[PDB]
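Below is one structure, written out as structure tokens, with a few remarks after it.
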Amino acid sequence: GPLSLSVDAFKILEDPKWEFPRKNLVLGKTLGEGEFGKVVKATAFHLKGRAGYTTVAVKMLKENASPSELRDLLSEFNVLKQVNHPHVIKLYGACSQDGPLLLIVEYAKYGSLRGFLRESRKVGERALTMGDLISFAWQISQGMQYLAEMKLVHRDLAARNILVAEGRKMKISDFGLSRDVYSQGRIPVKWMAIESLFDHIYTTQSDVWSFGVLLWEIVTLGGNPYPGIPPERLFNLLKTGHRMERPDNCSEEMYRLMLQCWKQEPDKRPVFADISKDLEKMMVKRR
Amino acid sequence: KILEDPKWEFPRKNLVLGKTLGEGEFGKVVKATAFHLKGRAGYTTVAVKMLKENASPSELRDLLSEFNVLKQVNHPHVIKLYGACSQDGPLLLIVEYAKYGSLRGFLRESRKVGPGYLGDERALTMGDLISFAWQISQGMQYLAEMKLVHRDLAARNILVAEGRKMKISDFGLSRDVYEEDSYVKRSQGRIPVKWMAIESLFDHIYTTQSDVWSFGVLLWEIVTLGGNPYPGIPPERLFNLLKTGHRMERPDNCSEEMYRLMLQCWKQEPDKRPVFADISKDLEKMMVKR
Ligand SMILES: CO[C@]1(C(=O)N[C@@H](C)c2ccc(-n3cc(F)cn3)nc2)CC[C@@H](c2nc(C)cc(Nc3cc(C)[nH]n3)n2)CC1
Ligand SMILES: CO[C@]1(C(=O)N[C@@H](C)c2ccc(-n3cc(F)cn3)nc2)CC[C@@H](c2nc(C)cc(Nc3cc(C)[nH]n3)n2)CC1
């Protein structure tokens, strides 16, 4: 079937460009674990023609992995080969010839955005300003603009899936559900667009909805979307035009931007260029 | 939406939630108590399955589907549904409480907690292990008769109730097969590779005979007292390993007869595997001959 064909392809040593010798990777501490995989910090010797050791993150599966988890890992690898942008997590390669499948990616020293924010606190505890957050959103929007031009739909945009690198640079991560636009879903209900929920449709404009949820997570420094509303009742609330209210410590201009990402009609949402543009304008205008 | 079935709906105010017995990424099982449950006077200890805030539509759909399936099935070795609260908030599924937890959990504890395995409800012999497998085969026999495929048979998905009685659980992945005697779907499954029959892995086909393969894995689990299948082999290696005809070795605690039954469960051709009624008979014969 499709997976056996991808696994067999992958285990062929064909593209030397993305195949990294296992003996030059030294796995370090576990950065984090799910039910079916984990991320581990590592060092890689002579990665991509670089001197000495480069610190990397390594994604791998656990023993109880399903075909679904193996397909998402292989899918992520196949997608990140074609992308390069400063605010998208970089792929360095994979180990496909000795032991388990390992994906080698860019290390971002600070972890997930959601974590980084929940550690934080706002100011006019780690201290962040409105200019900081707007910077964050803008970085993500630039990365999303780039993806949308390559006609990639990310599907899983959320603060849990953005990483924070040195210099507080944002890296969009977790491409295992992405699809090249050019069945029941596995994206959490509370980040999905109404047409995704009712019609199982994903487009860049459903990424723009998810972006509005992610915007809300930023300004609330890691809040949980629609608190006290169970995922199962959200279908109905949204269909009748309820949305999250304007949060505390959030401007009228930011909130408007949010609400527009959540228009029922995908055509009436902004595109990522407009979202970037709004953010560029807010920042010059706050100096 | 979800259509209230009064036969099953339970008053939210009569349910009290306690500790988390365990959790995954998207959901939880919690220990609970239910007042005036299905006629019983007073409180009854039960277990409740529920979603977390990050739930996906697939996870909702699976919880609903476990609810659906459980309404139709009734057997001594299938976990009993009591009801659901599906109206004034989160969907809660109310099921029988099995006090020893999962089978894999229970067996792994008997490695270290005396009197342990011997050849108390904690003293275990090969005869007890044969019986646990037989109870499960009977429950699977009944499910196959009801035209279901479980798909996710594993020691982690069996519960151990008072009297060490086996209860098949975790019906979120089970599917009806009345037309065709198979369930197929185009996308990739969410059952762990190491329990999947070969034709499920390669061809996406699930039948009672792929549940037989998974039962075979479960037998190896049971005889290893909760061992991990294909120890140290990466999951993606199973495609090649299985198609080149390799199978797990006979574990040290296992009779020739028992291992023969396992290997029969893992025949490449699904028609060459025994059916659940044959498996139950094989296990009966083993039990009585000692
Ligand atoms: C959200 O990411 C984390 C997490 O716990 N994820 C869990 C839930 C998770 C689920 C599934 C799988 N899978 C891995 C597979 F191959 C398949 N699934 N791995 C991990 C893991 C890593 C993360 C992290 N922390 C720090 C301090 C640094 C850091 N740097 C990174 C991480 C990366 C990729 N680059 N740089 N990452 C912290 C949380
Ligand atoms: C295999 O089940 C356990 C487990 O950790 N399950 C995890 C992995 C898990 C994953 C997904 C979700 N989801 C729940 C959803 F709604 C959807 N997913 N919940 C839990 C949770 C229950 C279990 C347990 N321990 C003891 C001592 C008793 C006990 N008794 C029970 C349990 C029941 C149902 N009846 N009686 N159960 C321990 C292991």
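To find a chain's letter, count down the sequence lines: the first is A, the second B. Chain A uses the PDB entry numbers throughout; the residues present, in order, are 700-823, 843-900, 909-1013. Chain B is numbered as in the PDB entry; shown residues: 710-828, 842-1012, in order. Counting convention: from 1, in listed order, for ligands and their atoms alike.
Looking at ligand 2, the drug among ketoconazole, bevirimat, pralsetinib is pralsetinib. Going by UniProt, the chain with the most contacts to pralsetinib (ligand 2) here is Soluble RET kinase fragment. By chain letter, the other chains having a heavy atom closer than 4.0 Å to pralsetinib (ligand 2) are B. Contact annotation for B:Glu732 and pralsetinib (ligand 2): only backbone heavy atoms (N, CA, C, O) come within less than 4.0 Å of the ligand. UniProt ATP-binding residues of chain B with a heavy atom under 4.0 Å from pralsetinib (ligand 2): B:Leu730, B:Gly731, B:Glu732, B:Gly733, B:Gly736, B:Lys737, B:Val738, B:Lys758. Residue contacts with pralsetinib (ligand 2): B:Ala807 is placed with a nitrogen or oxygen under 3.5 Å of a nitrogen or oxygen of the ligand (distance criterion only). Organism of origin for chain B, per the PDB: Homo sapiens. Closest heavy-atom approach to atom 17 (C) of pralsetinib (ligand 2) among the candidates B:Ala741, B:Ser811, B:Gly731, B:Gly736: B:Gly736. In B:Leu881, the part holding a heavy atom less than 4.0 Å from any atom of pralsetinib (ligand 2) is the side chain. Proximity to pralsetinib (ligand 2) (heavy atom under 4.0 Å) is shown by these UniProt semaxanib-binding residues of chain B: B:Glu805, B:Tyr806, B:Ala807.
With a heavy-atom cut-off of 4.0 Å, B:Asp771 does not touch pralsetinib (ligand 2) at all. Residues of chain B near pralsetinib (ligand 2) cluster mainly in UniProt domain Protein kinase.
Relative to pralsetinib (ligand 2), the closest UniProt active-site residue in chain B and its heavy-atom distance to 1 Å are B:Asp874, 9 Å.
Checking B:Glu768, B:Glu734, B:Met759, B:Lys808 against atom 16 (F) of pralsetinib (ligand 2), the nearest heavy atom belongs to B:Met759. Residues of other chains with a heavy atom under 4.0 Å from pralsetinib (ligand 2): B:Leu730, B:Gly731, B:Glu732, B:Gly733, B:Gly736, B:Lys737, B:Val738, B:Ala756, B:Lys758, B:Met759, B:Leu760, B:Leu772, B:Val804, B:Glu805, B:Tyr806, B:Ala807, B:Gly810, B:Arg878, B:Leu881.
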